[PDB]
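Summary heading: complex between Taxol and tubulin beta chain.
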Amino acid sequence: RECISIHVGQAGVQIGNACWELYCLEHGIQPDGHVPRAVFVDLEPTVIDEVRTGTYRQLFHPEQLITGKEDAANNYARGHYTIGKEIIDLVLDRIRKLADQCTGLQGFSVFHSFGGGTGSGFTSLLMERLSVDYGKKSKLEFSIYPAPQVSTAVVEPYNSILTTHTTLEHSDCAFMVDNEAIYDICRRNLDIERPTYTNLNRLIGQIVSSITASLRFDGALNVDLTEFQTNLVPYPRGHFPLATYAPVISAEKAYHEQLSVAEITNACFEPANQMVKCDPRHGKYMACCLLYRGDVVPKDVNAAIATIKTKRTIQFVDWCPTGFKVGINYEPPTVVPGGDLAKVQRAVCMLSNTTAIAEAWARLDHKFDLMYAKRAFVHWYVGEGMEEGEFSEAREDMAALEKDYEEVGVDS
Amino acid sequence: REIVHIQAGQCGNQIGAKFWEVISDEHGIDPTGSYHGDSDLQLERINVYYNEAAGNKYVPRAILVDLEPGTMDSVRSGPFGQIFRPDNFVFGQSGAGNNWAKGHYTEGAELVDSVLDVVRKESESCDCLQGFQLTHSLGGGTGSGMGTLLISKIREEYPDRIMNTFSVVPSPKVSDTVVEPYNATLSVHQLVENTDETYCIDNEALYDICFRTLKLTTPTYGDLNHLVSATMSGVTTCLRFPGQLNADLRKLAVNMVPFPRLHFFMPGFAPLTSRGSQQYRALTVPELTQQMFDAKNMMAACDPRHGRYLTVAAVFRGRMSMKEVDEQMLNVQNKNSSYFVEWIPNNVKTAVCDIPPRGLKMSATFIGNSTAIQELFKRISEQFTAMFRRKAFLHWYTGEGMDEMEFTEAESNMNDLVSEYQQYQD
Ligand SMILES: CC(=O)O[C@H]1C(=O)[C@@]2(C)[C@H]([C@H](OC(=O)c3ccccc3)[C@]3(O)C[C@H](OC(=O)[C@H](O)[C@@H](NC(=O)c4ccccc4)c4ccccc4)C(C)=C1C3(C)C)[C@]1(OC(C)=O)CO[C@@H]1C[C@@H]2O
Ligand SMILES: Nc1nc2c(ncn2[C@@H]2O[C@H](COP(=O)(O)OP(=O)(O)OP(=O)(O)O)[C@@H](O)[C@H]2O)c(=O)[nH]1
Ligand SMILES: Nc1nc2c(ncn2[C@@H]2O[C@H](COP(=O)(O)OP(=O)(O)O)[C@@H](O)[C@H]2O)c(=O)[nH]1
Ligand SMILES: [Mg+2]
Ligand SMILES: [Zn+2]
C-alpha cells in the first residue's frame, strides 16, 4: 500500500524538502502534526542540516536523516565505493527499519540527482542493495538528469553514465525531470528570470505530488505504483519516462485558468512543457500515464485522448495499439499559498516513455567520451577504488541503451 | 569539516594578518573577543578555522613559520596580532637569509620538526580535517624554501587531506628581489608535487587591478594583501556556508584538476568597484561574470585571453537565480568557445553560496585553471637559465649545502610543467 522514499544527494534533498512540503500542505498537517515516511542521505552535513535547521524541522526523526560529516566529492567513485560505502549499512537500516514498521508496502520512491557525488554514486549502491533485499517490490527512482547545456559539475557525465549503468539493472521505473528544460517553463510558461532552485523544486514538488500523494489517494480511476512500471515500461531496462504537468500557468500574469480538460491535455504534448530537454524531436511515445486530478469527466478524457490518438503528428510506437493509462483522481491540485503557481481546479501530470531520450542519453554519452578520451578527471576516481574497468565497462553499458532505445522504436 | 592555515615566510605571514583581518570580520571575531556576529550563521561552521577553549576565545588555527623575528613580531605586536595562541608562532631567530637553500636545507630544516609538531597538534584538534591553507612568496627563503618544505612533510603525513597553496609568484616587470627565479623555480618544483590546488597572485597584477579597477592612487601592500585575502575567503570559508549549490575544497579540486600535476589557478573577485562613485550596483549578475571573466581582474600576471581554460569555478556567494547564474555561464562559454578548451563539454563549475561578503549584496570568487599560466612559468624558467648559465648568486646556495643538480632538477621539472600545460592549449 505505501511507498517509502529515499532522498539522496543535496539536490535530492532540496527537491525532497520541496516535494515533502507540498505534501502536508495539501493534507492539512502543519509543521508539527504526524510522521513522514522517508529518509535523507548526504555525505555533506551542512545540507541535511538545512532540514535540521530550516522549515519542516520537527516533522522528521533525527533517525531518518542520515549524514556523513565527511566529504561529499563531486565524484561517483568516492561516493559509491570509498566513502559512500561506510554509510550505506546505516542508510539501509532505516529503509529496513522504516520498511518493517509499515503494512504491506509497494516500494521506495528514490530521489537523486544523477550528476552528483552523493547522488550518483551512493544511490547507485543503495538502489543496488535494495534490488536484492526487496526484489519483490517497486523501485521507481525519480531523477534530475544533467541539463543538456547548462550542467554544473565539470565531470557531471562521469557521474551520470555511472549512476545509470549501476542503477539500470535495479530500478523499476525511473522518472526524469530535466533541470534546464524546467527553467524554460519558468521563463516561457510563468515568466520569471528569477527562478530560485527553491522553485524548480516546487515544480517537481508538484509533478511528484501527482504521482504518489494523490494517486495512492482514492479516486475515480486509481493507479497503483506497480500499475506504473506495468503500464509504463515495455522492457526490463529500468526505463525512464518523462514528467510533464499541464496547468503550469502563472498565478499573477495571465488568467484563463478555466481551461477545460480538452485544453490541459493538449498542453502536455507540446514539447515546451515537459520538464525535460528531450523535445519529441522524433521519439515516438510508447506509453503514457495521464494522471488527472480535480474535476474531470471520464468522457472528457475518453475523448480528449481520442482526439489525440488521431493527431498522428504525435506518432506512437507501432507495436503499441493503445498506450494511454488514464489515471483520474478527485481532489484538485494544491498550489503553494503564494509561490508563483496559478492554482487551477484540474491538472494533467502525464509521464511517458518516449523513443526521444534516444537523444538525451546520446548527447550525455558523447560528453563522457570526450573527457574519458583524455582521462580528464579520471585520477579522481581511480584513487577512490574504481578502475579503467568500471568506466569503459559502464560506457559499453549505456552503448546498448542507445541501441535499445533505438530498436524498441524507429522500426516496425 | 576543517582546515589549518599556514603563514610561511614574511609575505605569507604579512598576508596572514590580512587574511585573518578579513575572515574574522566575516565571522564576527574581535581581536581576542568572541562571536559578535551580526548574524547567527557566521558561527555554525566557524570550526573550519578556529578552536573552542574559553568560550569567547575562538583562536585561529593557523601556523606562523618564519626565520626572521621582527616580522612575526610586527604581526604579533599590531592589530589582530594578539589572537594567535603563542604556540602558533614557530620562529627561527636564525639568519632568515634570502636563500631558498637556507630555509629548506640548512636553517629551515631544523625549525621544521618544531613546526610539524604543532601542525599535528592542530590537525588532531577535533572533528574531521579537510586540508591546509598555505600562504607565502616564491621569492625568498622562509617563503619558497622553508614553506615548500612544510608541505612536502604535510603531504607525507596526510596524503588524504587537501593542500591549497596561495603563492605570490615573482611579478614580471620588476622583481622585488634578485635571485627571485632561484627561490622561485625551486619552490614551484615542490608545489607541482605536493599541494593539489595553487592560487598564484602577482603583486603587479594586483597593483594594476588595484590602481585602475579601484581608482586607488596609493595602493599600499596592506591593500594588495587585503584584495588577495578577499579571494581566499570567497574560496574556502565561503563554501563552508549554505547554498543552493554548494561545493567545498574537494568539489573545487575534483572539478578543477583534470591532470594530477596539481595545476595552478588564478583567482578573481567579483564586485571590484571604486568606493563612492562607481558604487553602480550593476551587480545583477551579468555584471559579475562581465567582471570575473575579463582579462584585467585576474590576480595572475598572464592574461586568460592568451590561452584556453580547462576549468573554471565561479564560486558566487549572494542570493541569485540558479537560472540567471547557470544561464549566463553558458553564453560566456559560447561567446568565447575559442578559448575554453573543448574536450570538456562544461568547463565551468558553477557554485552558489547564499550569504554574501558581509557588507556587499552579491559577489563571486573566480578560480580559473587556464593554460595561460604557461606564459608565467615560462617567464620564471627563463630568468633562471639566463642567470643559472653563469651560476650568478649560486654560491649562496651551494655554500649552504646544496647541489648543482638540485637547480637543474627544479628548472627542468617546472620547465616540463610548462610543456604539459600546452598539451591542452592545443
Ligand atoms: C559603504 C559600502 O558599501 O562600502 C563598500 C565599498 O565601497 C566597496 C567599494 C568595497 C571596499 O573594498 C576596498 O576598497 C578594497 C580595499 C583594498 C583591497 C581590496 C578592496 C570596502 O573597503 C570593503 C567592504 O567589503 C566587505 O565588507 C566584505 O565583507 C569584504 N570585507 C573585507 O574585505 C574586509 C575589509 C576590512 C576588514 C575586514 C574585512 C569581504 C569580501 C570577500 C570575502 C570576505 C570579506 C565593502 C563592501 C565596502 C568597503 C568597506 C568601503 C570593494 O571591495 C570589496 C572586497 O568588497 C572594492 O570594490 C568593492 C565594491 C564595494 O562596494
Ligand atoms: N531541480 C533541482 N536540481 C538541483 C537542485 N540542487 C541541485 N540540482 C542539480 O543537481 C546537480 C547538482 O548535484 P550536487 O549538488 O553537485 O551534488 P549532490 O548530487 O547533492 O551530491 P555531491 O556531489 O556529493 O554533493 C546539478 O545538475 C544541479 O543543477 C535542486 O534543488 N533542484
Ligand atoms: N602581496 C604581497 N607581497 C609581498 C608582501 N611581502 C613581501 N611580498 C613579496 O614577496 C617577495 C619577497 O619575499 P619575502 O616575503 O621577503 O621572503 P621571506 O620573507 O624571506 O620568506 C617579493 O616579491 C614581494 O613583492 C606582502 O605583504 N604582500
Ligand atoms: Mg551535496
Ligand atoms: Zn478565465
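The chains carry the letters A, B, and so on, in the order of their sequence lines. Numbers in chain A track the PDB entry; the residues on display, in order, are 2-34, 61-439. Just so it is clear, chain B uses the PDB entry numbers, and the residues here are 2-44, 47-360, 369-437, in order. Ligands are counted one by one from 1 in listed order, and the atoms in each one are counted from 1 as well.
Across the structure, Taxol can be traced to ligand 1. Every other chain with a heavy atom under 4.0 Å from Taxol (ligand 1) is named here: B. The heavy-atom binding site of Taxol (ligand 1) at 4.0 Å consists of B:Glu22, B:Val23, B:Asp26, B:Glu27, B:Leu217, B:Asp226, B:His229, B:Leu230, B:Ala233, B:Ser236, B:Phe272, B:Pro274, B:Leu275, B:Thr276, B:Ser277, B:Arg278, B:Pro360, B:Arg369, B:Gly370.
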